[PDB]
Structure formats: structure tokens, C-alpha cells
Q: 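Structure of R-bicalutamide bound to Androgen receptor - open in front of me now.
Chain letters: A, B, ..., in sequence-line order. Residue numbering in chain A adheres to the PDB entry, whereby the residues present occupy positions 1-9 in order. By the PDB entry numbering, chain B shows 671-843, 852-918, in order. Order of listing sets the numbers, starting from 1, for every ligand and every atom in it. Values reported hereafter were calculated over all heavy atoms of this structure, with side chains retained and with hydrogens, waters and symmetry mates removed.
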Amino acid sequence: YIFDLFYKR
Amino acid sequence: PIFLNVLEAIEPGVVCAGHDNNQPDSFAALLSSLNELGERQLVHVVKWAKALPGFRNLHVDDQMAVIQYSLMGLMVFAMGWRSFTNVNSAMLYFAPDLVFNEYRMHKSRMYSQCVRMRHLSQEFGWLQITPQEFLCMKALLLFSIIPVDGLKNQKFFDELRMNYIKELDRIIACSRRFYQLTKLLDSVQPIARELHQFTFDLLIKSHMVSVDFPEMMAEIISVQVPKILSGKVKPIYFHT
Ligand SMILES: C[C@](O)(CS(=O)(=O)c1ccc(F)cc1)C(=O)Nc1ccc(C#N)c(C(F)(F)F)c1
């Protein structure tokens, strides 16, 4: 999910 | 006043919608701007929630879950206070470059919802809501909606939530205030849900009405919002 990759960076 | 210091310390600043206010007020322009603002505000909500006391105890998937569910309600609640302070509830202060007057409300096609939100914005006044009560109500809003069959570590969640209520208790220090503030927080949820419905529908018909959704928001709308709408995820209500 694009929110997942953004959320954890 | 260690808890209250933190809330104010981590409070987001001004976020603009990037709106073109030379454009005549088309439905599509307005909503393509509301969506961009959505994403901008989301980003700021992620940053905020992380620097939130105890938030990091939550399993990571609960953090992400919990933010996606609450997003609307947070946006709504803060928007109502912004609108109250900035323009005394005359109009909807979504952002500085994006203030809704009656005509815009009609133009967005969310007039009923807006009137609801305008009304809540007045309530910050009708109740003399201190800025300290608001900040803490807004934190508690992030712990105010969950999938029915629970989160991964539901117990670490329930602790955090019951601890944010202890903090509000202290911000109220009197039994009668709690009645009203808890009633006020419940008002947000119906509105969040009407917004959620509208938003979801819009995504479906969006290619036919020329409205523009940032990748990340379209995914969230297609993946998380349906759970809310299908009753898998449900707000925690104080009352009824
Ligand atoms: C139409 C929409 O863009 C949908 S969205 O922002 O993409 C969105 C998508 C999924 C969500 F769970 C929440 C929000 C939206 O409701 N935007 C929006 C933007 C800013 C503010 C503010 N303030 C608000 C509202 F909270 F006032 F409704 C709403």
C-alpha cells in the first residue's frame, strides 16, 4: 500500500 | 502540565489546499482541491500521531489502521475549531486558500454535510471550548473508531484510550462539562460517515465528473473507507 510505504520510511 | 505541553507542541500549523481562486467555482475544481488538501492534512496527521504520547506502543498496523479510520473525523473536528477561531463560524475555513461560503457549500454538492459542520463550529463557541480541551478532544478522536473484531494489540489500545480520557478529566478539573464534551465528540462521527459516503461515491463516479484524486487517497478510499461503510469498522460512541 502506498500509505504503508509512506507511513514507514 | 506535561501532557498538555506536548499536545500544543505537536499541533500542526497552517495547511493550504493549493487552490486556484481565480477559477470560477466549479464542483470539480472545488473537490479536486478538497482531495489535495486531504492528502496534505493526512501527512500532517501522520507526523502528529507519531509524536503522540504512547502512540508508538501500538502495533504498527494499528497505528496505520487507526489513522486511516479517524482521518475524516480529525479533519472535521480541527476544521470546525479553525473556522470558529479564525472567522467566528461565519464560513468553513478548510484552509486559508479555501474558505467555503454558502454558495460554495451549495456548489460542492455537500450542503447538508456543511451545515452540520458549520453548526459544530458554532458549538466551540456555544460551549466556550478552551483550546486545551480542544487539543485533548482531538487526540481522543484518533482513538475513537476501530474494527469491530479488534486491532492486533487491542489491550495496548484500550490503555492508551482510557489514559486519554484521564487526561481530559484533568483538563475539565464539572461532571456536567464531561456530559457535553463527550456529546460534542459523538457529533463528529455521523458527519465523518456522511463525508465518507459522499467521498467514496465520488471516487467511483470521479472519471465521469472530472474530479482528481491523489493516488494515496484513492487507495485509502477504496481499501479502508469501505470497511467503515460496511460496518466492519465502527466508531466508539460515548452515548446512545
Ligand atoms: C473529499 C475529501 O478530499 C476526501 S479525502 O480528503 O481525500 C479523504 C479520503 C479518505 C479519508 F478517510 C478521509 C478523507 C475530503 O473530505 N477533504 C477534506 C479536506 C480537508 C478538510 C478539512 N478541514 C475536510 C473536512 F474535515 F472538513 F471534511 C475534508
Q: List the other chains that have a heavy atom under 4.0 Å from R-bicalutamide (ligand 1).
A: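 The heavy-atom check gives B.
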Q: Could you pull out the residues near R-bicalutamide (ligand 1) at 4.0 Å? Heavy atoms only, by chain and number.
A: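 The site of R-bicalutamide (ligand 1), heavy atoms only, is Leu704(B), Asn705(B), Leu707(B), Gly708(B), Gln711(B), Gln738(B), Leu741(B), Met742(B), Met745(B), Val746(B), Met749(B), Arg752(B), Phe764(B), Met787(B), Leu873(B), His874(B), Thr877(B), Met895(B), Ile899(B), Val903(B).
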Q: Just wondering which 17beta-hydroxy-5alpha-androstan-3-one-binding residues from UniProt for chain B are within 4.0 Å of R-bicalutamide (ligand 1), heavy-atom wise.
A: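 In chain B, UniProt binders with a non-hydrogen atom that close: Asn705(B), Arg752(B), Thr877(B).
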Q: Most contacts to R-bicalutamide (ligand 1) come from which UniProt domain of chain B?
A: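 According to UniProt, it is NR LBD.
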